[PDB]
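One letter per chain, A onward, in the order of the sequence lines. Since chain A takes its numbers from the PDB entry, the residues it shows come out as 420-550, 556-591. Following the PDB entry, chain B residues are numbered 417-789, 796-947, in order. Contacts are counted only within the shown part of the entry, which is not the complete deposit. Computed from heavy atoms alone, side chains included, the values below leave out hydrogens, waters and symmetry copies. We count ligands from 1, going down the list as the structure has it; atoms in each ligand are counted the same way.
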Amino acid sequence: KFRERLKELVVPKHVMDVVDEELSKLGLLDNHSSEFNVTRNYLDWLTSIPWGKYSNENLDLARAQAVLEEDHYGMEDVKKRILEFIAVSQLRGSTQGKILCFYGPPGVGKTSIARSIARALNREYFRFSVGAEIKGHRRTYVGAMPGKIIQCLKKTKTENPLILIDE
Amino acid sequence: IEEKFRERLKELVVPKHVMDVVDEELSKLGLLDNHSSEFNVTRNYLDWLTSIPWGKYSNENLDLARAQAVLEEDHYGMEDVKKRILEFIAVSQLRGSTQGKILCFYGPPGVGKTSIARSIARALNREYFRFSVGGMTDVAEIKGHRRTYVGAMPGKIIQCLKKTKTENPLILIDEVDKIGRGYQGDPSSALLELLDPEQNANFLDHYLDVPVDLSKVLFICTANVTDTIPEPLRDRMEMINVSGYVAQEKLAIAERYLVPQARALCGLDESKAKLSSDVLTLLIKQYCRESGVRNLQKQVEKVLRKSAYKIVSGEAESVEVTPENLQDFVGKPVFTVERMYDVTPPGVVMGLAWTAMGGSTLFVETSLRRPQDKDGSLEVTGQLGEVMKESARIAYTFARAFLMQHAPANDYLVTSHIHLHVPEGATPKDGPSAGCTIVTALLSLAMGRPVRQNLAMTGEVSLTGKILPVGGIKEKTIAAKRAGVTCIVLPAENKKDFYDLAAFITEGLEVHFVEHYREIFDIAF
Ligand SMILES: Nc1ncnc2c1ncn2[C@@H]1O[C@H](COP(=O)(O)OP(=O)(O)OP(=O)(O)O)[C@@H](O)[C@H]1O
Ligand SMILES: *[B]([O])([O])[C]([C][C]([C])[C])[N]C(=O)[C]([C]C1=[C][C]=[C][C]=[C]1)[N]C(=O)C1=[C]N=[C][C]=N1
Ligand SMILES: Nc1ncnc2c1ncn2[C@@H]1O[C@H](COP(=O)(O)OP(=O)(O)O)[C@@H](O)[C@H]1O
Ligand SMILES: [Mg+2]
């Protein structure tokens, strides 16, 4: 069923390459052993993170202003700045470049504003705190886990989420 | 082998994300051979997996009256903590199922922080578990080791879940400020993973390697000082301050718990060694003036062991402890006289101070420095801080002004060279209070009149004569009561602080709340 877990999903070439290679290498090894489960979990990780799955971006500025104004009473200046950022992104075609940053006294609405931004752009929200570890470990059974960004991709099952690097 | 492990998964509710794991592992025992190392590795791995209490709880007592009774049985009046536990029960009962908080008690040594967790777990009917964290260097105690290693083991929290046979225990994590910070595996980060409600729902132990749901446990942390608790850890706890006790609280605690336990230990009953309550009051007053109760317990044990020696050495056959021969049992008193002046001369006035060992009572002596009644001066001694010297200057100016407006032909305080001293010259002292005390000292020196005898006053004064609030009203009132003051004077803006004190503290005190200094003058004369 692993092929079904990425059938309808658009896959690149050099990814299906490693997928088939690991399936053949897993047919080689013996099932239910200290060599089989490792490669099984790795091939699971290859077939879990999306490749062609997206989220239709919310480009409209009126809907964005509405979803920003619903929550977060006040903040009119931060709201104006966010609207202007979305306008520049819509006019530039993309959203890369500078990375936004909110700073101020504590308990003022800097995490919830990022959640509301994510809800605005219809991007899937994900937060990971940086208060090495963002790159994952290696498969010598020491760290059998990918990084937190790969887990973001798996969780949100969308290639364009909104990750929040809090604090 | 398989039969017992699959039977053990009967009275539980095993979640799927671990039921498939235990099934995959069971599928290996049939293949492996009973002689191999992998066999025993997976055998005790399955032992650990099936021994975890996967869905069961305890019959948590959500009755409020019973919880209050069992809380008030074990300890004497730690109300700020019992109130929190009762509100926790009330909330956990309003919103349906059992809950889990992360509380932290901080305070001086010996106030009951660690001692109360067991009675709290008895009140909630939970399974109490405790482990100290001070001095801990490695994360393997919190996390554990990968079961690949030879003698791998789960760790303290999984062992707690196995030993309590429940997954809503009360885990007392003791000494969370003395936690070591060896960065080659930092235990503070494991403690953050434990005490972080957003992620403690999946506590991934390095041995189990399946997440456990630790969101229904009541973590309680104990600290002596909060300023060395890691900041991220401190930002996930409810700091509840367990303060010290006063003479009457200490007496109740002694009579109810400390003396009976010390009698059970030393083997003396009230027929052999009589510790009356007057002796205990004198002891608490002159020897044990700290915040906790460990020193008082040691003093009680001291008296009891000396009486025990008097009996065993065949000398007394019975020991009567009277307030006259207490020195023979405990030595020289630490605090003796409580006041330096019995009747105050025209110049000196009693003030009140704050200290960690209860309050204090200091006097403000003033004296003519040169022979006379070009302007007068003020020399100020007594190890005074900058704020206190400035407040003395302010009090001097206002005293000049007030004496000019009150008795315009006095000429004192203007042409006289005065020396102001706050005795006990060795100890340093600071604070904006005693401004009214200094004004009163100067005025009583200028008019040649001693103030009311049993009168004490605290309060900041401004240049126009307004009386401003001060701090430490509890200790100052305790000190004035202890020294035999009948009339106390406080700023009018400390009325709430004074009426917030326990009733026995302010029993026979005649308090006066003032706004300006003219009222203090009308009272002190
Ligand atoms: N309010 C109280 N009522 C009854 N007994 C008390 C009270 N406060 C303390 N005790 C007794 O005194 C002892 C206090 O020791 P405890 O373990 O509470 O200290 P602690 O709060 O952990 O301080 P530290 O952690 O700084 O040593 C306990 O044995 C307890 O029985
Ligand atoms: B006051 O509240 O400012 C007061 C004035 C005192 C010197 C008559 N100061 C103190 O009580 C200080 C503690 C303090 C409290 C608040 C602010 C600053 C300082 N106490 C002492 O200085 C002291 C001195 N000797 C013995 C005991 N206490
Ligand atoms: N303008 C606002 N409108 C509504 N809720 C707010 C607003 N500002 C702050 N809050 C609330 O206060 C809390 C702020 O915490 P948060 O902003 O996450 O802390 P930090 O700013 O340190 O990240 C949030 O729970 C948020 O709901
Ligand atoms: Mg303790």
According to UniProt, what is the name of the macromolecule sharing the most 4.5 Å contacts with ligand 2? Lon protease homolog, mitochondrial
Help me out - what's the drug at ligand 2 named? bortezomib (bound form)
Other chains closer than 4.0 Å to bortezomib (bound form) by heavy atom: B
I keep wondering which UniProt domain of chain B most residues near bortezomib (bound form) fall into. Any thoughts? Lon proteolytic
Which UniProt active-site residue in chain B ranks closest to bortezomib (bound form) by heavy-atom distance, and what is that distance to the nearest 1 Å? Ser855(B), 2 Å
Hi! I'm trying to figure out whether this entry has a covalent bond from bortezomib (bound form). Which residue and atom? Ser855(B) OG
Using a non-hydrogen cut-off of 4.0 Å, what is the binding site of bortezomib (bound form)? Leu768(B), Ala769(B), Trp770(B), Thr771(B), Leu778(B), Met810(B), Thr849(B), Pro850(B), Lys851(B), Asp852(B), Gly853(B), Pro854(B), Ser855(B), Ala856(B), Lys898(B)
